[PDB]
Trainee: 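Here's one more: a structure with mitoxantrone in it.
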Amino acid sequence: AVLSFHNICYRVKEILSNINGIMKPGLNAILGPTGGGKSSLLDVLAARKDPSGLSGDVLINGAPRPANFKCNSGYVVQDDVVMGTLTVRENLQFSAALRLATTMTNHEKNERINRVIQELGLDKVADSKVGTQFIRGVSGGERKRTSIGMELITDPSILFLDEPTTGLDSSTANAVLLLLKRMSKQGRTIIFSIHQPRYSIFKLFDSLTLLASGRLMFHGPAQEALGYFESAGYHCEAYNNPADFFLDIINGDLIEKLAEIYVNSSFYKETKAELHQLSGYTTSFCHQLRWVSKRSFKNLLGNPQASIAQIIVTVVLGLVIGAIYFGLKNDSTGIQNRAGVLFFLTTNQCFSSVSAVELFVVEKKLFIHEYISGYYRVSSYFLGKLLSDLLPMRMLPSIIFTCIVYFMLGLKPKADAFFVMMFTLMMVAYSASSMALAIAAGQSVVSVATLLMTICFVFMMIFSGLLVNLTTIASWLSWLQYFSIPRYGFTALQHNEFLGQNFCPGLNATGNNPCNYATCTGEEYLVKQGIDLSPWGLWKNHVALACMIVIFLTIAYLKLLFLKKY
Amino acid sequence: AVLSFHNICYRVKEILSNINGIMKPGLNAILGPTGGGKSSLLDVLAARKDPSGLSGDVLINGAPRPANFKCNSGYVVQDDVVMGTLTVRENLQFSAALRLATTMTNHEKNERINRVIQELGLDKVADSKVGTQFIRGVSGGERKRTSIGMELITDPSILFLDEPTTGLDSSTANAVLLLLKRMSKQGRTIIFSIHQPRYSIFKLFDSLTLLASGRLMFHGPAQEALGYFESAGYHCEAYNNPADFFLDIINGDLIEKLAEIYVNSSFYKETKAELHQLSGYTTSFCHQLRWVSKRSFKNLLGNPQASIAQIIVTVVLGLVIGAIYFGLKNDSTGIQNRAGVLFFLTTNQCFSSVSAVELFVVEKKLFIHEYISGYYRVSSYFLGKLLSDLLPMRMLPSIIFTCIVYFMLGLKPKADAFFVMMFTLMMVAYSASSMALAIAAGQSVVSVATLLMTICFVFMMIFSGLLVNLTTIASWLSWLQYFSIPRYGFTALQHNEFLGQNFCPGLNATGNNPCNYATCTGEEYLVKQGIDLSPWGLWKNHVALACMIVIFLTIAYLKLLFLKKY
Amino acid sequence: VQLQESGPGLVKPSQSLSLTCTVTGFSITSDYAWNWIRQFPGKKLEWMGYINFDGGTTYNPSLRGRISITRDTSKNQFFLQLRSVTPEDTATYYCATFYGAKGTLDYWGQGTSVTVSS
Amino acid sequence: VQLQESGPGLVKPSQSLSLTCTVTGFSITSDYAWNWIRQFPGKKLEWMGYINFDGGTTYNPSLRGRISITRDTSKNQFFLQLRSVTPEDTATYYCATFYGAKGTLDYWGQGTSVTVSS
Amino acid sequence: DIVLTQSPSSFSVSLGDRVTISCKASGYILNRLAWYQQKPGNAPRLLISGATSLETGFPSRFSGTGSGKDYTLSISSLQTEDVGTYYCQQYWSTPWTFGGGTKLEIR
Amino acid sequence: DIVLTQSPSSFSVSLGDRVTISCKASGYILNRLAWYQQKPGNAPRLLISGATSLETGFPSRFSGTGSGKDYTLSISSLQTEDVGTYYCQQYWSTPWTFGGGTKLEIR
Ligand SMILES: O=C1c2c(O)ccc(O)c2C(=O)c2c(NCCNCCO)ccc(NCCNCCO)c21
Ligand SMILES: *[C@@H]1O[C@H](CO)[C@@H](O[C@@H]2O[C@H](CO)[C@@H](O)[C@H](O)[C@H]2NC(C)=O)[C@H](O)[C@H]1NC(C)=O
Ligand SMILES: *[C@@H]1O[C@H](CO)[C@@H](O[C@@H]2O[C@H](CO)[C@@H](O)[C@H](O)[C@H]2NC(C)=O)[C@H](O)[C@H]1NC(C)=O
């Protein structure tokens, strides 16, 4: 299962040079310094860098990079990517249901799952939880093991692998390394970039690519770097660890002849002989939604202290607000209370959606590793994530509030005059959280995202319609009031609630208002803020909130589609 | 400069056992596993754990732990503690001005500073910046060097030291280790707990304490662990690194005889012979304020993109608000605008103070390492930090706002009716930020702190006085309205601004109000919200905000004083 | 605009009370709010709630649930229903009429003398 | 309550204008707001600002800075100062008087006929 | 602003025809529209405030109606002293805008 | 609530002494205090609204003063039909609280 590469001159501005050498079966390694070219070479060789920077040829047993290459090549990321909240058996199933062909039945699929969990000994914990924050069933020793397995259901012949042991110390380290050694010669050409190994794991490599400063410096077998550096003229610290000795060479013991001293050695020509010798999606959309939805939903359930907690806090907020605004009399202090509680509800539906940005910034690493592999298409991931986490998390705090407070406060007592409030809160929640999605769909750090969103929400709240009479704003600023979501929410709620009311005890102003400074009816307070009264005057706010949703969602889908996946 | 310790039976529930052995001059080491007892032993031996858990005796050349021990013992923390924003020479001065006796003059102090920066070669960069985030003048190789120096101005004979090389790779690693080797036998008994060293630095140790699982397992010289494990019956991987070989022994190659196999060896009795043989603040308060203030102020200046940025954002907020509320007419839309802008200034002053919690959670590590050492007393640190960062950072956004917006908006045009607004904004800023200090004075993670503060501020804003008429709250909730800072700010601002106004064009209501539903004067809107009108009705809010400051500051000082400093 | 007060001039304690003030010359569902000022024998007035023109009410908080005002707007009446009568409130009840846009109890009834005794 | 309008009955363009409406029978600093309704020759009225009783003013936005109303409250007058007069506003000016608590320009002056021409 | 328009900008009535004048607003006025009655050579004297009331010194013929936008004055059997343009004038917003005003024609 | 108290709970005047009655509030009323005049056997009939105005059907003797808290009625040379208690009554807050009321003594 050879992987003869040839002249990988990658230019992002290089990061590499005319590398050579082939990686026969066994257990090939990439020693390197911390960040010279090692990880970059393992990325470029695993079809993980955009080809426009690569300016050379690679091969696969003699055929230049078939299209469905990643379909037959695993590549396990260095840091964990497995969903901790799910359990190992279900993680293996989720990896198996999306990437291997669904012409076979579920039966042989579970059969292969048991085959993998024995060829990678884990029936130890074949149903334990892995966990991230609030529960930690298994440890790293099994985390990396299930990460190695998660790409072994498809059974590729080239198991790419980067920095297996960074974060594991000696015991589990030797465990996973001997595991690699063993499951290698079932015919699997592992290619892994280790970070200062020991000598106890230096036993069996068959290959190692001492590469530093963007230039190759040795590509012989494992039992040859010792001899190569012997002929180079060093004692190598008679008792030492050579795998650290070579690094001790590169750092400060210079370079533009140390890289040069190798091409003249035997190994360059040794391999380059055979180099020049050889020189002459799968599934539907249905599954890719029906499984991403399951995984994200059961994940949401897995660590409930994140979401369920704010459900408790929204119940508490609803109850405390019902306690404060219990009466809602119809006297001069009725307008203040009524335009206060609706305002607070809208502004709280907004600000409490700035906590739904991590829908796409916690797992950018996971989404990216998944999409570079042939799991699904970005539209499927998007719709699944929405239907799983946005939809049933923003739909509850629109029913807790409007069922708890509506009868305590004693607002307009009608059926539709209640369902309209529920629906408008739902709409403003969805629209604000979708804007939150549109802003933070691409980043990886959440600081600037949360900052921009809090500033935008603060400005929208200023233009909401309570802190300033929207008719007295200057002409060249009144055009800004259309970008504000709290306006479209608060106006709809007001128009729902303020219509048939009379806020002046003893004075019937509906026939005519005496003294014309009084706001002795709901219509007068509603027009005084510049709000329509025709039935369109309400649903105009919903056709305007059903539009900010679609715009702020297609912007998010585009930001996901056009994101550099390399 | 021996440090013969004896039977350190620490119990937090142990973490150690009856350890023995002495640490003669040279360069003593603590190998250990990752976290068995190594770091804990180096902490307990450096007078860094509360003695109530220690139940044994230690010695210092024959005298049991003099009171001013840390006054003559350095202990350099593993992770960096140096202030990156300051520059190396000034960091060395700041370490020299607080901890060594101020009877000598500044002259010999700078002389010793040059003596140190040559005995620790750094005139290379003796004025470069170190930097944290936004500027990174020098690298780790000099960062750890200046951290080692920062405790060498006092010149202790016992230079405690934990994990010198964790985060430095080979070149600078060998640099600092050979530096330790060299500056050792000017008579300095370094005691450092290294983490899987190499053999190239395994040259000269004179001592090493292979300690794992809370129990000692070897305390001979450096050239003896090899022989001890020879007589133990292992080949030690003929070419290998022994410093990793012993760890390879402990992990899984068991224990309750491997610790037992040593006491019977020669070295236990070898040392325990001489064990049983030997068995029978400085400165004022003035300096400790005048220097912490300097350091914190120049640090604030060092990375200005943190503070100066929000000064830019407060200028922008002031200008945009002046643009929105430019007119402030005196008609029916005058009350709404006036009670909107003041509200938006107060709650703004509040929620922009939650960003001043990191005054004491970014450097809890630094404050703690400094106070365990005899630098200063906690009251000095507190007053210095306040006078340096709280005072001139919360005092500007109270002058940007009230000078930018007061003449654009065209509020009450008088001198004192302007300085009162400025002063009230200053008071509410100080009071809210002091509460922020009182909540987050002890923690180390800022998540739960920011969450609690944002919830408390939301509730205070609900009870502010605009979203609900404070006179219509039920009797058993009206007692809550006294805990709210936005209330005490917004009420003062209102009472300042609403007194002599007339908000009804053409109707003079000051003589008598017709139709009694009109709010045709400022007094009526001021009483309708339950606010006094006597001149005490305003300053009552300042005697109530000058009290939440003192309470929320003494709570912070107590939380700092009673914090576990171990 | 023209009120009249007429009911039983004696009750017993812990029983109830009704007073049936029949407005005339003005439809009680048209403009004003209508009150029930009561005056003790020591000549000191108490308010005792009102019923708005639409139907809403608001009672003097010193009367917790012991008062309830209702209106049979077909004959433009409005009634008082005071329950669990203590033998102390031997008042006079006067059937007052608010204005709203001026604020003063312009028109008053004639008052009956309820006597709460055995 | 009793207004009177009297000023120059001719100006030239780009010059200014003053009209000096002398209220009588009521102190202009006591209750009402005082306006300056002007009517074109095609019989179509325009508002043209008012001066409140305390001293504040508010002008018709269609008149940007071209109008400024002031009052010499010693003889309870209030003046109009229209600057950069176009030869089109050959109006009539009528010196109206707001009310505030009722809303209607109750009392009006007699109006002069300003003619803005060479 | 709020442009008050009176589409029937001229009428032609006989001495007794109960004629009405319609003054539709361009926003929401909420019964704050007042009617004046200019005569040929005098100052507009108030006729109706609040769109419903009257003014002492006027008959009971005149009477306002309408609400929201479409307000109308309704003269009842106009007598001889009833000629002369009629201007509506909202007073809800800040720039108080009158109307075109409708003369009256005696047959 | 707001407890309206009239410290001089009884007077003794002669037919012509310009007597005044003081009704100090317990909060801030803002000129919303009204005076009634009960006679011996009738219903309190309104006398002054807004603490300054009067009521058509009454002389120009009665006149209210004061502002903020300390309101006072001022009878001017009381005639013979002027006897009978006088109750102040705020109407600013929700429970409208009358006062103790001050009888009048004819010497
Ligand atoms: O009004 C502000 C605000 C402001 O007026 C000016 C500057 C600001 O930085 C804020 C502000 O941050 C703010 C709120 N903070 C955002 C985090 N809220 C989530 C609750 O933990 C959260 C809420 C909030 N107003 C109350 C509405 N929502 C309460 C959150 O539950 C504000
Ligand atoms: C407020 O007053 C108006 C009239 O001043 C009342 O009435 C109209 O009233 C008459 C008599 O019942 C009927 O035509 C209708 O009831 C009302 N019509 C419209 C279009 O409002 C009105 O009823 C009074 N308010 C209440 C709540 O009764
Ligand atoms: C509002 O009206 C009141 C009376 O209705 C005016 O006056 C009092 O007015 C007289 C006459 O000038 C003087 O005693 C004082 O000026 C006022 N005294 C008090 C205590 O207010 C009042 O001037 C009118 N408002 C304005 C702004 O002029």
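To find a chain, count down the sequence lines: A is the first, B the second, and so on, and within it residues start at 1. When reading the values below, keep in mind they use all heavy atoms of this one structure, side chains included, and skip hydrogens, waters and symmetry mates. One-based numbering, in listed order, for ligands and for the atoms of each.
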Trainee: Which instances in the model belong to mitoxantrone?
Mentor: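 It corresponds to ligand 1.
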Trainee: What does UniProt call the chain with the greatest number of heavy-atom pairs under 4.5 Å to mitoxantrone?
Mentor: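 Most heavy-atom pairs belong to Broad substrate specificity ATP-binding cassette transporter ABCG2.
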Trainee: Which other chains show a non-hydrogen atom at a distance under 4.0 Å from mitoxantrone?
Mentor: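 Counting heavy atoms only, the chains are A, B.
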Trainee: So, looking at mitoxantrone, which transmembrane segments of chain A come under 4.0 Å by a heavy atom? UniProt numbering from the N terminus, please.
Mentor: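 Using UniProt order and a non-hydrogen cut-off, you get 2, 5.
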Trainee: Record the residue and atom bearing a covalent link to mitoxantrone.
Mentor: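 As deposited, there is no covalent site.
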Trainee: Identify which UniProt domain of chain A contributes most contacts to mitoxantrone.
Mentor: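 Most of them fall in UniProt domain ABC transmembrane type-2.
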Trainee: Which organism does the entry credit as the source of chain A?
Mentor: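 The entry gives Homo sapiens.
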